[PDB]
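Figure: fluorouracil in its bound pose on Single-stranded DNA-binding protein.
Naming convention: chains lettered A, B, ... in sequence-line order (proteins, then strands); numbering from 1 in each chain. Per deposition record, X-ray crystallography, 3.1 Å. Indexing begins at 1, ligand by ligand and atom by atom, following the structure's order.
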Amino acid sequence: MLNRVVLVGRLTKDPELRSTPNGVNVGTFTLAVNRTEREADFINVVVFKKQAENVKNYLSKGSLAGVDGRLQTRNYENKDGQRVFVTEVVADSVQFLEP
Amino acid sequence: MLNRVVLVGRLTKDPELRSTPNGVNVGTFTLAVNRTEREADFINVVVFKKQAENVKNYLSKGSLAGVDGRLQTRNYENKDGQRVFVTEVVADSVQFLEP
Amino acid sequence: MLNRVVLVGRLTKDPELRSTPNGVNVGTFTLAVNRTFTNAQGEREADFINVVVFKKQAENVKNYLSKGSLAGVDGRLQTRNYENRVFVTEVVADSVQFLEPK
Amino acid sequence: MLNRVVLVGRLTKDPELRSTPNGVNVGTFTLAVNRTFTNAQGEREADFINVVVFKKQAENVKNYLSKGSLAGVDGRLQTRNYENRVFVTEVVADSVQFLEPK
Ligand SMILES: O=c1[nH]cc(F)c(=O)[nH]1
Ligand SMILES: O=c1[nH]cc(F)c(=O)[nH]1
Ligand SMILES: O=c1[nH]cc(F)c(=O)[nH]1
Ligand SMILES: O=c1[nH]cc(F)c(=O)[nH]1
């Protein structure tokens, strides 16, 4: 079913790459998108494979970047017995616009 | 900054309209979007004003509906001393497709 | 660079299948996507976007979609021109949602 | 019905402002939006979408945007035709992000 998200925002931290038990890389950053008295929303992005590593190369805290992807929800149990409901954006592609 | 979300999914419950302290209506439903071994993500939608009331009229649990909007994050403290981080989709428009 | 298009419309004619010399299928319909917002005259307008799908999907749109089918489209917007130079724009679909069983 | 377009490109020429008889401004540029994905020949392609903005925004795009400016666009896709009947498609922008200070 149609599920589409396009974003331009700035990374809050540096991208965090980590290596999965299957052996494939998984990227993590947060995009801060000023809303178009100014507030910004903070979407969490997830990238995989080739795209994931590129973001570790070129993107860093404060980089302006564009994102095209699908919007996903997962749930897990955190370090204690609590159920975290997460919503995030898995990026089909990630465009480096300006630092 | 660019922030755009388009979705087609099915309502999980019936839409919940409620009336705000300012006097304006605020709509609430959850959209279940099968991903294009089938899983679905559950995005929470928010509508306001005219659009909000329409969804109470015409949409109900299981209605297939399309959504165009922006992606927003808010935080609050829940009934106990816990900080809920929420991400949701405020709908610029809501299209009734099929029940 | 970012380039994305989401659309819900009804097909004006029936879908047209063709094959490239390369061996890959190419589906064709044009969508009638009513505007959600009324215009200054208070009347309701429609745009007619031309969609293109490729490979396996093109066969599915040929199988299940027909004139008047309600359908969703996710894709990018592409511009080409060729000789009698005609300026064409249409929507190459990454995916196509059939919003009707028929 | 859903109809949405997001784009990031560079302007090919400088923005063109005009005014309607109604008194409302209408901005014009065309964007060059490089494809993110390479083609079968391994070369990089670009689409040239024509954008339209209205009212106050049109003046801002005229003020700050110029040929080669990197810019973001959020809007819908509209189809019109008129007499010498020319088939035009372009992107009426709900909003326009200036991705460069210049
Ligand atoms: O400012 C932030 N808010 C929320 C986050 F998840 C984050 O990384 N940074
Ligand atoms: O199945 C559901 N998951 C999450 C929700 F918030 C909801 O309302 N329904
Ligand atoms: O109703 C229509 N108007 C214009 C077209 F090109 C078409 O296919 N159908
Ligand atoms: O490089 C260009 N190609 C085609 C066009 F219409 C244009 O404006 N610029």
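- The heavy-atom neighbours of fluorouracil (ligand 3) at a 4.0 Å cut-off, by chain: C.
- Measured on heavy atoms with a 4.0 Å cut-off, the binding site of fluorouracil (ligand 3) is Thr12(C), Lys13(C), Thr30(C), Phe48(C).
- The PDB records the biological source of chain C as Staphylococcus aureus (strain ED98).
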